[PDB]
Participant: 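Complex: Taxol : Tubulin beta-2B chain.
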Amino acid sequence: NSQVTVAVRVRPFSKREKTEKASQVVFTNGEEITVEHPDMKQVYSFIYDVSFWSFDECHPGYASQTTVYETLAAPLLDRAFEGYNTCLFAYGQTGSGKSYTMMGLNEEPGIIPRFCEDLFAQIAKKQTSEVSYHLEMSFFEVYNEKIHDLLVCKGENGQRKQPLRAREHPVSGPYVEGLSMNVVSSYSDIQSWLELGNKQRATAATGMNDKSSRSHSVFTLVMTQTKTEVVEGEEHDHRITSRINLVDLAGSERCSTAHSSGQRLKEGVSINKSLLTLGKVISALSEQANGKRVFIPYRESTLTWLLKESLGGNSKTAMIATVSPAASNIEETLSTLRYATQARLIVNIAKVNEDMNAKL
Amino acid sequence: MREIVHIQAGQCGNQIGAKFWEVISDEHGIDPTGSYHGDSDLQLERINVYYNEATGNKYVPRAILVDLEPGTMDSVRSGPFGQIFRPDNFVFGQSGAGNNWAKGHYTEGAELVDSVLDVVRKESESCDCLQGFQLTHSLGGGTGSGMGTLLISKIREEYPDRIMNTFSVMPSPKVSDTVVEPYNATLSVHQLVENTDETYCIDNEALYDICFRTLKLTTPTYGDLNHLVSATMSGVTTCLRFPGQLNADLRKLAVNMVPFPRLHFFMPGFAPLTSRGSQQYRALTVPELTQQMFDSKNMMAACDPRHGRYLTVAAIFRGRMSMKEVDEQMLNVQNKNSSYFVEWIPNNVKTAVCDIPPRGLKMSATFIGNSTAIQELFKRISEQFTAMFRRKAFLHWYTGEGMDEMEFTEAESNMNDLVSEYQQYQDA
Amino acid sequence: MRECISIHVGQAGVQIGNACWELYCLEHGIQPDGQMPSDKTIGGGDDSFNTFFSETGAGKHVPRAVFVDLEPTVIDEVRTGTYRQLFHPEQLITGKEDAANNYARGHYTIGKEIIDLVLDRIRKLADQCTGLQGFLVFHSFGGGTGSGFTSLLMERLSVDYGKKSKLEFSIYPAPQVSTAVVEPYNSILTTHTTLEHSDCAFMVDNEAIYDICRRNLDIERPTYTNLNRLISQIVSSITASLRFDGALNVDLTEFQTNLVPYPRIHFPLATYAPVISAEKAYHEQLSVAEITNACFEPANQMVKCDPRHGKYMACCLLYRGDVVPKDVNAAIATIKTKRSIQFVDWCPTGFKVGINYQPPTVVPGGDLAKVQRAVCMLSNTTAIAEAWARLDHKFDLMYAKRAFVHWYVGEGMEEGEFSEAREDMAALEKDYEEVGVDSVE
Ligand SMILES: CC(=O)O[C@H]1C(=O)[C@@]2(C)[C@H]([C@H](OC(=O)c3ccccc3)[C@]3(O)C[C@H](OC(=O)[C@H](O)[C@@H](NC(=O)c4ccccc4)c4ccccc4)C(C)=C1C3(C)C)[C@]1(OC(C)=O)CO[C@@H]1C[C@@H]2O
Ligand SMILES: Nc1nc2c(ncn2[C@@H]2O[C@H](COP(=O)(O)OP(=O)(O)OP(=O)(O)O)[C@@H](O)[C@H]2O)c(=O)[nH]1
Ligand SMILES: Nc1nc2c(ncn2[C@@H]2O[C@H](COP(=O)(O)OP(=O)(O)O)[C@@H](O)[C@H]2O)c(=O)[nH]1
Ligand SMILES: [Mg+2]
C-alpha cells in the first residue's frame with residue numbers, strides 16, 4: 001500500500017559555527033515547524049508527519065541515531081522478510097550532513113551500518129537447515145541522464161566510463177544490462193565495497209565547497225528467501241525475492257548564482273529534472289493511496305524507471321531530509337523543506353458520490 | 001540570425017520535399033537555375049534561413065537526402081527542381097531494407113549513417129547560429145522510419161541544446177499500403193517519443209476525404225495531396241522568415257504546446273481550402289477561417305477530435321488583419337465549447353501572426369493542436385500489433401538480423417503507457 | 001539639465017517606441033531625417049530639447065533612447081523603415097535565439113555575455129549629461145525578452161546607479177484574452193523580482209483598449225498600431241512637464257512619492273479621457289468637468305478592473321492646453337461630493353494636479369482628432385487585488401501538476417523558486433486588504 005512517510009531533521013551547529021555564533025532561526029512548537037526570516041517580516045509554517053530534533057542535546061524528545069533507526073528503518077527490515085520490495089531516499093544540500101545521518105561515524109553510527117547489522121542478526125537468528133538466506137549487492141549512479149558503475153574499476157588510460165543501458169523484462173520490471181552483482185556475508189566487506197564506490201563517484205570542486213556531489217547514487221541489496229521443500233522429495237517450487245534500494249541524491253543547485261557555465265551547468269540541469277520527476281511521482285503515490293485511479297509518469301526519468309517495482313505496488317517507502325538551522329543559509333534551506341510538503345495527503349477535498357439504493 | 005536544416009528520408013520524404021522546395025522557391029522568387037527573379041527586396045533579407053548563397057547570386061538549399069535505393073534519385077533529378085540540390089548531398093547506398101525495420105536500423109543504416117553525418121556536420125558548421133532540425137519521414141514502412149530514427153538518436157546525442165522536429169505520415173485504419181505497419185510503427189515510436197521536441201502526425205485518409213469533399217476533385221494524385229503538407233510546413237516557419245506584429249518561432253510553439261514532454265504528437269490543419277468556382281461565394285474574414293479550422297474535416301489525422309478534448313492549440317494567421325477580431329473569436333471558441341477544452345488550463349489558445357502573405361491570397365492560416373483524440377489511433381496499432389505477436393506472424397524476418405522478442409515487448413508498453421496518460425484527462 | 005533615458009525591450013516596447021518617437025518628433029518640429037527645418041526657419045529656440053534629443057554641432061538631432069531584443073525581425077523593421085537615419089546604429093541586437101516565452105532563457109542562459117553592452121551604452125549616455133536621470137523602461141509581462149531581461153537590468157541598475165527614479169510603462173495580461181499559455185508564471189516571477197528595485201511601475205492592458213476602440217471611436221477593425229498611439233499620447237501627457245513650460249509642472253521624482261505609500265505597493269493604473277474621431281469631435285463642448293468625470297468612469301479605464309469594488313489610495317491628474325484652474329478645483333470638489341467613489345480615511349487629500357499649456361497633437365493617419373485640450377489620470381487603487389487574485393488562481397492550478405516546467409528547469413532554474421514567488425505575491429494581496437481596513441480609535 002501507499003506508505004510515503006516523509007521526515008525532516010535539524011542538525012546542530014558546528015564548532016566553527018558556534019564560534020561565529022550562527023543566529024538560530026528555525027524553531028518548533030512540537031510537531032509543527034516554523035521559521036522566521038531575520039528581517040522579521042513574515043513567519044513561514046511547515047507541518048510534516050514526523051519531526052526530529054538534534055540541536056539541543058538536553059531537550060525532551062531528543063533525536064539520536066538510535067531513535068532514527070528505531071523509528072524509520074525497522075518496518076523496512078520487517079517487511080522485506082514478508083517478501084516485499086522497499087526503498088529509502090535522502091535529500092539534503094551540502095553542509096547539512098547527510099553523511100552524518102546515513103553513514104555516521106564510529107562513535108555515532110548512522111543508518112546504513114545499523115540496517116545491515118540488524119539484517120545480519122535476524123539472519124543468524126532464522127538460519128536453520130530448513131531455510132536459507134542469500135544476500136547480493138550492487139551499486140551504480142546517474143549523471144547527465146546516463147548510467148555507470150562504481151563497484152567495478154576501469155582502464156588506466158583516461159576517463160574510461162562505464163556505458164550501460166536500461167531494459168525491461170516483462171515480469172521482474174526493469175534492470176540494467178551489464179551490471180556487476182556480488183555476494184556478501186561480512187559487514188566489513190560491504191564497508192569496503194561502499195568506500196570503493198564512493199571514491200569513484202562523479203564530483204567536482206566549486207567555489208562553494210570541494211566536497212560536493214553531481215551524481216545520484218543507488219545502493220541495491222537483493223535478498224533471497226528459499227524455503228520451498230516438497231514433502232515427498234526435495235524441490236524448490238518457488239523462492240521469494242525481495243529488494244532494498246537506498247539512494248543518495250544531490251541538491252537543488254540554483255544556477256543563476258553559481259554562474260559557471262560548461263559541464264557544471266549541464267549536469268545540474270539533469271539533476272534538477274530528476275528531482276522534479278521524483279516529486280511528481282511521490283505526489284502521485286499520495287493520491288494512489290486514497291483509492292482514486294490515476295496515472296504515474298514512471299517513464300519520464302531514469303532513476304524512477306529502475307525503481308518501478310520497488311517504489312509502486314505493495315511496497316513500503318520513506319524519505320528524509322537533512323537541513324541547516326543557521327540563518328545564513330535560509331534560501332537553500334527553504335527549498336530543502338518546500339520539496340517535501342506531502343503532509344497534507346488528502347485535506348480539504350470536496351466529495352460527491354451517489355451509489356446508494358442497494359435494496360429490494 | 002538563425003537557421004533550419006532539412007533531412008529527407010524514404011520515398012515519402014523525398015516526394016514531399018520535391019513539392020516543399022517547389023513552394024518555398026515560388027515565395028522567395030527562385031527559378032530552377034537557383035537564380036533570383038523576385039520583385040521585392042523583402043524576400044531576400046532572411047533567405048539565409050533555408051538557403052545558402054553561391055558565387056553568382058545563385059541560391060542553393062540546405063537540403064539533404066538519404067534514401068537506400070536510387071529509384072527516387074533519378075526521379076527527382078529528372079524533374080523540374082531536382083538540379084539545384086547539391087550533388088554531394090544526394091547520399092545513397094544499395095539493397096533497400098524491403099520494409100524491414102531491422103535492415104534499416106542495424107545492418108545497412110549502420111554502414112550509411114556516418115556518411116550522412118559527414119554532410120550534416122558540414123551543413124551545420126557553415127551556419128552562424130543554429131535553431132533546430134527538420135525532417136520528413138514515413139512510419140510503417142522501412143527506410144524513412146529506421147534510418148530517420150537512427151539519425152534522430154545520433155543527433156540528439158550530439159546536439160541536444162537545439163530543437164528537433166518531424167513531419168511524419170502515419171498509417172490508417174481502413175487501408176494499409178504495407179502489411180507490417182504496426183510493428184515498424186511501434187518500434188519507431190519507442191525511439192521518437194524520447195528523442196523529439198515535436199512531431200506532426202499526418203494521415204493519408206484525411207487528405208483523401210478532404211480532396212473529395214471540399215475541393216470536389218475528381219482525379220487527385222499524391223503530388224497534389226502533398227501540396228497541403230508543403231503549405232503547412234511553409235506556415236509553421238512563416239513567423240521566422242518574415243516580419244510580424246506578434247512574431248513567433250518553432251521553440252515558442254514547442255514551449256506553449258507541450259505541457260509534459262512525452263505528449264508531443266500534433267494534429268495539423270490549413271485554411272482557406274476551397275474549389276476553383278466556390279471562391280466567389282465566400283468572404284475573406286477571420287471568422288470564415290475560424291469556423292473552417294476547428295471543423296472536424298479540415299484536419300489531417302483521420303481522428304475525430306470531438307471524441308476528446310484539446311490540451312492546447314495554436315494558430316498562425318497571415319495577412320493584413322485585425323487582432324481584436326482574432327482574439328475575440330478565440331475567446332468565443334473557448335467559451336461555447338468548454339467541454340472540448342480542459343479546465344485545468346485557463347487559456348488553451350495562443351496566437352502568432354505575420355504580415356507578408358502568400359503569392360496568390362489576401363489571407364491564410366495554419367492550425368496546430370495537441371488533442372486527446374489521437375488516443376484512438378494508438379489503440380489500433382497495439383491492438384493490430386498484439387494479435388500478430390500472439391502468434392509471431394512475420395517475426396522471423398526481423399529476428400534474422402540480430403534481435404529479440406524483448407525489443408518488441410518494451411515498445412508495446414511504451415505505447416500503452418502513453419495511451420493511458422491521455423485517458424487521464426479524457427474525463428472531467 | 002533634465003534628461004530621461006528610454007530603454008525599450010521586446011516586441012511590445014519597440015512597436016510602442018516607433019510611435020512614441022513618431023509623436024515626439026512631430027511635436028518638437030522635426031523631420032525623420034534628423035535635421036530641423038523648423039528651427040532652421042526660426043533661427044532660434046531650444047524646442048528640440050536636450051531632455052530626449054541630444055544635439056550635434058552639425059544641426060542633426062539624435063535621441064537618448066536605446067532598444068533591445070533577441071529576435072531581429074523588429075529592429076530590421078526600424079533599420080529599413082522610415083526612421084532609419086535618425087537613431088544611433090548601436091541598436092543592440094544579439095538575435096541568436098529568442099526567449100521561447102520563458103523567464104529562464106531571458107534572465108540566465110541568454111542573459112549572460114549580452115547585458116554588458118547595454119550597461120556600457122547606458123554609461124555612455126549618462127556621462128553625456130550632467131543632470132537628472134529618470135529611467136523609463138517599456139516592457140511587457142509574459143514574454144521572456146520583456147520579463148527576464150528587464151528583471152536582470154533593473155536589479156543591476158539599482159546597484160550601479162542607486163538612488164534614481166526608475167519607472168516602467170509595462171503591459172498587463174488580459175484575464176480572458178491571451179496570446180500565450182504561460183503568462184501567469186512569467187508574470188508572477190517578474191513581480192517578485194521587481195517589487196523591490198523599481199519605484200513605480202505603471203500598467204496597461206490590451207483588452208480594455210480593444211473595448212474602448214469598439215465603443216467610442218466607432219472603429220470596427222483595429223490593429224496593433226492604433227492602441228500604441230494611445231500609449232504614446234499617455235507618455236506625452238506625462239513628459240510634457242519635463243519638456244515644456246507652464247503653470248504647475250511635475251518632475252519624475254514626484255510621481256514616485258505621491259503615489260507609492262509603502263515600498264511594496266507601486267502598481268498603478270492609467271487613463272486618457274478624450275478619445276474621439278473627426279465626427280464626434282464636434283457635437284461636444286469638451287469642458288473640464290466632463291473630462292474629470294470621464295476619467296473615473298469604469299469603461300474609460302485601461303485595465304478590466306471595476307474600481308467600484310475598490311478604493312483609491314492616491315491619484316494624479318495631468319492636463320493640457322487652455323485650462324482655467326478654478327474649473328479644475330470645482331471638478332475635484334464635484335468628484336469628492338459623490339458617493340459611488342470611496343477614498344480611504346488616511347488620505348482625505350488624495351489628489352494631485354499638474355497643468356501644462358501646450359495642446360496635444362495628431363499622428364496623421366490616426367483616428368484621434370484635433371482638439372484644444374486633453375487629460376490623463378493615474379491612480380493607485382485597491383481593486384487590482386482581484387487582477388492578482390485571479391493570476392495566482394491561474395498559477396496554483398498548473399503548479400499543482402508541475403506543468404509547463406520541464407523547459408524552465410531545463411534552462412537553469414530550481415522549481416522551489418516558484419514556491420517563493422507565490423508567497424511574496426500572496427503577502428502583497430494581504431497588504432491591499434490590510435490598508436483597506438480603516439483605523440480605529
Ligand atoms: C491563381 C490562383 O490564385 O488560384 C488559386 C486557387 O484557386 C486556390 C484553390 C489554390 C490552388 O491550390 C490547388 O490547386 C490545390 C488543390 C488541391 C490541394 C492543394 C492545392 C492553387 O493551385 C494554388 C495557388 O496557391 C498558391 O499560389 C500559394 O502560394 C501556395 N503555393 C502554391 O500554390 C504553389 C505551389 C507550387 C508552385 C508554385 C506555387 C502556397 C500555400 C501556402 C503556403 C505557401 C504557398 C493558388 C493561389 C491558386 C491555385 C494556383 C489555383 C488553393 O491553394 C492552397 C493550398 O491554399 C487551393 O485552395 C487555395 C485557394 C485558392 O483559391
Ligand atoms: N500593446 C501592444 N502589445 C503588444 C504588441 N506586440 C506584442 N504585444 C504584447 O506582447 C505580449 C507577448 O509577449 P511579448 O512581451 O511580446 O514577448 P516578446 O516581445 O515576443 O519577447 P519574447 O517573449 O522573448 O519573444 C502580448 O501580451 C502582447 O499583448 C503591440 O504592438 N502593442
Ligand atoms: N502522402 C504520401 N505518402 C506516400 C507517398 N509515397 C509513399 N508514401 C507513404 O510511404 C509509405 C511507404 O514507405 P516507404 O517510404 O516506401 O518505405 P521505404 O521503401 O523504406 O522508403 C506508405 O505508407 C505511403 O503511405 C506520397 O507520394 N505521398
Ligand atoms: Mg519576443
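Chain identifiers are assigned alphabetically (A, B, ...) following the order of the sequence lines, protein sequences preceding nucleic acid strands; residue numbering begins at 1 within each chain. Just so you know, ligand 1 is whichever comes first in the structure, and atom 1 is the first atom listed for that ligand.
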Participant: What are the identifiers of all copies of Taxol in this structure?
Facilitator: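 At ligand 1.
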Participant: Can you give me the letters of other chains with a heavy atom under 4.0 Å from Taxol?
Facilitator: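 Heavy-atom contacts under 4.0 Å involve B.
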